[PDB]
Engineer: 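For discussion: a PDB structure holding CB3717.
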There are 2 protein chains.
Amino acid sequence: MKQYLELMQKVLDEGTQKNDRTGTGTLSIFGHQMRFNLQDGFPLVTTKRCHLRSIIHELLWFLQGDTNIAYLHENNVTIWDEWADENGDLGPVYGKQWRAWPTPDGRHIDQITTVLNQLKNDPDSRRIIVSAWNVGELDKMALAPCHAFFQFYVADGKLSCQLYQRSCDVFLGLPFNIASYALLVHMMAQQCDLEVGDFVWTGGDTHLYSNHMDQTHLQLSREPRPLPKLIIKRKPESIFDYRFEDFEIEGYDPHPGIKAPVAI
Amino acid sequence: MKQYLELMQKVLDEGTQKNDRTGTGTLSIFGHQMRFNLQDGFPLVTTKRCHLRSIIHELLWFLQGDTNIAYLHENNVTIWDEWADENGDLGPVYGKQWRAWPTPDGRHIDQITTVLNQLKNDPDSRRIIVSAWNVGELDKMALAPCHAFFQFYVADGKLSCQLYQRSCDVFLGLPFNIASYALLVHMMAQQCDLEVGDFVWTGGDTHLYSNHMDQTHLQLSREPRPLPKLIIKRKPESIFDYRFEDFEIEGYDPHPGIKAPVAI
Ligand SMILES: C#CCN(Cc1ccc2[nH]c(N)nc(=O)c2c1)c1ccc(C(=O)N[C@@H](CCC(=O)O)C(=O)O)cc1
Ligand SMILES: C#CCN(Cc1ccc2[nH]c(N)nc(=O)c2c1)c1ccc(C(=O)N[C@@H](CCC(=O)O)C(=O)O)cc1
Ligand SMILES: C[C@H]1O[C@@H](n2ccc(=O)[nH]c2=O)C[C@@H]1O
Ligand SMILES: C[C@H]1O[C@@H](n2ccc(=O)[nH]c2=O)C[C@@H]1O
């Protein structure tokens, strides 16, 4: 996509070499922002082939509150296996913080049905936030939340969302995280009878690992293709009632897949 | 400053008209980021006289983990009055979250000591974050945090910071928060023997109240002058024992103050 390829060229032209926990080495810039107007097409990268099947099942899993990879295995998704313990558990990550964030006095807040009552009854609220970054449970988590915090906004009968991603692997993770959120925004907009506004992405430490460099320049040599289209064949009673089958992507013509190692 | 004046102009040009919770009405955009290189000078506005005495007692009040306006009345700063109760408490806002975030199991987390040790023992960390958006305790706060989340970063011996502001009064609140956070990056860099880097400001619902149009046009017609320079006169034993005496600004020659009505 024009925004994505421009970002990669920006950490390659402006990035500094860092070191990290996986010990792999990275080129890194700090602070970046881009916008996808969702009326223009579903933001799924066309200059390498992406696997939607993993993106829809991961999102459906987050919305059910589940944090054990059993659901994901049932559906042939293996994206979280490396971080999951003996029993499939990932600890209190995204799904749990979203559906049941624990309070000091034993309550639990459901941040997804809350954001939906705000979109319905007070869409002009400046408080329409969901946060996965609970400081109090980070130590019990498999990996610390990358897509940490996000906020919805309504303007001319259209729903917009801004994510703050504190750490971004531009080659491997970012294709995934922007199609995940663009898909959450069509689901909230279908439920609130609103149109789709924009997906604003904001990055903290936005980087490219050293062992993703030739791949990065291979992708960068491709001309982006026309952006796909999301067709939803049903309007479930709730945001928690979607199924994989209700989602169709039309017009998707990517350049060939590019393979690359995942850091530990 | 040029970055700040441009956002004022982006909200008047592009802003949508919204009805906010005070009934006053706002010119509003969603999603904006501004980068400040703190080597080029202290980012205090010069097209209107900003008052650093309130900016600095509030930040030392925050680092103390105090949520009561008592200390703030002793130093003649009146910014928190109409939101405190009849005993002076604001409930667990910023300072309580920064110094003592409560787990569901009794314990507390000191996010500034956590960040101090990360900049001194793991400076390449992509988790150098402090958050004040505690979803369990939002009910308990006199006002939900506007400056909700921030992340530090170190690259070639420089300390950077990025703040996410979910709500921003451009004419009134924004000069205050830019000076406040840029001030903390100097404190942190001084304790951690680092040089100062960029101050990335990202905003969600960025807005200008309708009753602030006159003052905006007045300020938008004034030319930005040289940024001040900040001096920290002595080096304290920790970040917790600084005082108002320790801070100074040479070369700050601003335009007159500009008086504006506050909305509640
Ligand atoms: C983001 C996210 C969720 N996640 C979780 C997640 C966890 C740790 C991480 N660690 C690193 N180094 N990079 C990541 O982006 C990352 C992502 C993902 C997990 C696997 C793949 C992956 O291996 N990629 C594809 C290859 C093609 C593609 O990029 O889609 C694959 O399925 O093999 C992607 C995302
Ligand atoms: C941001 C923040 C913290 N805060 C808290 C805070 C809380 C609620 C708010 N509500 C509204 N409507 N706008 C705000 O900017 C705002 C700010 C502030 C409090 C007061 C001033 C203010 O009125 N500044 C005046 C007078 C202060 C002075 O004399 O120094 C000025 O003209 O500078 C700014 C920020
Ligand atoms: C933890 C490492 O994987 C990256 N990562 C992880 C999860 C995710 O949603 N997106 C992403 O890019 C961040 C960092 O490079
Ligand atoms: C809640 C109202 O006050 C504003 N507000 C509050 C605190 C702060 O630091 N900055 C700011 O702009 C946001 C909105 O106009």
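Letters A, B, ... are given to chains in the order of the sequence lines, protein chains preceding strands, and every chain is numbered from 1. Note that ligands are numbered from 1 as they come in the structure, with each ligand's atoms numbered from 1 the same way. As a basis for the values below, the full set of heavy atoms in this structure was taken, side chains included, without hydrogen atoms, waters or symmetry mates.
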Engineer: What are the identifiers of all copies of CB3717 in this structure?
Structural biologist: ligands 1 and 2
Engineer: Identify the main binding partner of CB3717 (ligand 1) here and report its name as listed in the PDB entry.
Structural biologist: thymidylate synthase
Engineer: Tell me which other chains have a heavy atom under 4.0 Å from CB3717 (ligand 1).
Structural biologist: A
Engineer: Hey, could you check which of the UniProt active-site residues of chain A sits nearest CB3717 (ligand 1)? Heavy-atom distance to 1 Å would be great.
Structural biologist: A/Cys146, 6 Å
Engineer: Is it the side chain (CB and beyond), the backbone, both or neither of A/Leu143 that lies under 4.0 Å from CB3717 (ligand 1), heavy atoms counted?
Structural biologist: side chain
Engineer: Please verify whether a non-hydrogen atom of A/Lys259 lies at under 4.0 Å from CB3717 (ligand 1).
Structural biologist: yes
Engineer: Check the UniProt dUMP-binding residues of chain A and list those with any heavy atom under 4.0 Å from CB3717 (ligand 1).
Structural biologist: A/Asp169, A/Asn177, A/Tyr209
Engineer: State whether any protein heavy atom lies less than 4.0 Å from atom 31 (C) of CB3717 (ligand 1).
Structural biologist: no
Engineer: Does even one non-hydrogen atom of A/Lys48 get within less than 4.0 Å of CB3717 (ligand 1)?
Structural biologist: yes
Engineer: Return yes when A/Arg49 approaches CB3717 (ligand 1) closer than 4.0 angstrom through a heavy atom, no otherwise.
Structural biologist: no
Engineer: As deposited, does any covalent linkage tie CB3717 (ligand 1) to a residue, and which atom would that be?
Structural biologist: none
Engineer: With atoms numbered from 1 as shown, which atoms in CB3717 (ligand 1) lie under 4.0 angstrom from a non-hydrogen atom of A/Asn177?
Structural biologist: 1 (C), 2 (C)
Engineer: Which residues form the binding site of CB3717 (ligand 1) (heavy atoms under 4.0 Å)?
Structural biologist: A/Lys48, A/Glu58, A/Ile79, A/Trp83, A/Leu143, A/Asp169, A/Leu172, A/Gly173, A/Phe176, A/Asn177, A/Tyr209, A/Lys259, A/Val262, A/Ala263
